[PDB]
Amino acid sequence: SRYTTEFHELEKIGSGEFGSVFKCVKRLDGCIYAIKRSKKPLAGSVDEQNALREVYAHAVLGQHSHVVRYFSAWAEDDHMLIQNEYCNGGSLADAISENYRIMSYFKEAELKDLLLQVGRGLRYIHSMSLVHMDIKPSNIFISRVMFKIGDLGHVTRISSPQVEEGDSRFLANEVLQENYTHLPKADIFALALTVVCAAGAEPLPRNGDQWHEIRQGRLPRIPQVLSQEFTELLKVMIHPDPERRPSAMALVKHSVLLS
Ligand SMILES: CNC(=O)c1nn(C)c2c1C(C)(C)Cc1cnc(Nc3ccc(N4CCN(C)CC4)cc3)nc1-2
């Protein structure tokens, strides 16, 4: 077993219908990696479709500060195994849960830092003519601080997009309308709501009235004191017209964020 041979398994850090993710130490270099382990999907399934998007995202993407690094991938015993960078801070979703429990928070500044850092990640992905298509707190990881985009199973081309929608909570209406002419801006829409989650918003609606209200450009209720200036940035990021939303480029260079 390559897995057993090359790595020692330390602890399970993730699980879902997607499979499991394990904290492992690689024997050769003593370093910690996150190994995603998944049952090999049925041929011609959504699962195989998902799986394929991730393989070829790696093939195209190089290393980047704000994208979870991919090291290798292989298969054995009808399972697919992917060796990733380990982020010792866990996910932004875990962090928000902890805040909601311990009763700390992300200061307005820390929210600006998160937007900019994930913004930098997107700028890079978009520059390689790809889109992530599932930005949300659980797909943003933390290394201790650095924020990094993970889970590339929804990644597709800007030009010839094969679109499996991400989480309905973070989804731009135009994508639901089968409009794929400006996919990068769906990532921007989705980042904005991710930040609003970090800022302590009540859980985001999955559909119904409040879902629609948001896609009219209406921000969820925040529990804290944010400047009108940062507010408008977050607001225009969920503008119903995707062309009015900042590109990742315009984002990373925006006056409010820097720095
Ligand atoms: C579809 N699954 C994933 O993409 C995925 N899920 N996780 C949990 C990770 C991934 C990646 C993107 C494939 C790689 C990765 C890289 N690092 C972590 N780090 C991490 C560290 C600690 C924790 N936890 C702290 C809070 N807990 C007690 C649960 C473990 C969770 C994740 N997680 C992951």
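Position 1 is the first residue of the sequence; numbering continues from there. Note that these values count all heavy atoms, side chains included, but never hydrogens, waters or copies made by symmetry. Per the header: X-ray crystallography, 2.0 Å. Note that ligands are numbered from 1 as they come in the structure, with each ligand's atoms numbered from 1 the same way.
In this structure, the drug modeled at ligand 1 is PHA-848125.
Against PHA-848125, the chain with more heavy-atom contacts than any other is given by UniProt as Wee1-like protein kinase. In the vicinity of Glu85, heavy-atom distances shorter than 4.0 Å reach the PHA-848125 atoms 16 (C), 17 (N). Mapped onto UniProt domains, the residues of chain A touching PHA-848125 mostly lie in Protein kinase. Within the 4.0 Å heavy-atom criterion, both parts of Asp151, backbone and side chain, lie near PHA-848125.
PHA-848125 has no N or O atom lying under 3.5 Å from any N or O atom of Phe18, backbone or side chain.
Given atom 17 (N) of PHA-848125, the protein heavy atom at minimum distance is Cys87 N, 3.1 Å.
With a cut-off of 4.0 Å on heavy-atom distance, the UniProt-listed ATP-binding residues of chain A close to PHA-848125 are: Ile13, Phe18, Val21, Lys36. Protein heavy atom nearest atom 6 (N) of PHA-848125, with residue, atom name and distance: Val21 CG2, 3.7 Å. Taking only non-hydrogen atoms, the option from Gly90, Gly14, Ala93, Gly150 nearest to atom 23 (C) of PHA-848125 is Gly90. Distance check on atom 12 (C) of PHA-848125: some protein heavy atom falls below the 4.0 Å cut-off. Residues of chain A that UniProt annotates as binding Mg(2+) and that have a non-hydrogen atom under 4.0 Å from PHA-848125: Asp151. Counting only heavy atoms, the protein gets under 4.0 Å from atom 33 (N) of PHA-848125. Atom numbering of PHA-848125 starts at 1 in the shown order; those under 4.0 Å from a heavy atom of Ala34 are 14 (C), 15 (C), 16 (C), 17 (N). Residue contacts with PHA-848125: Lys23 is excluded, as none of its non-hydrogen atoms falls under 4.0 Å. Within the 4.0 Å cut-off (strictly below), a protein heavy atom is located near atom 19 (N) of PHA-848125. Using a 4.0 Å cut-off between heavy atoms, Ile13 contacts PHA-848125 through both its backbone and its side chain. According to the deposition, there is no covalent link from PHA-848125 to a chain. The active-site residue of chain A per UniProt that lies nearest to PHA-848125, with minimum heavy-atom distance rounded to 1 Å, is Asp134, 8 Å. Considering only non-hydrogen protein atoms, atom 7 (N) of PHA-848125 sits nearest to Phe141 CE2, 3.6 Å. Within 4.0 Å of PHA-848125 on heavy-atom distance sit the residues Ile13, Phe18, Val21, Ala34, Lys36, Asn84, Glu85, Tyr86, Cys87, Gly90, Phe141, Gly150, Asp151.
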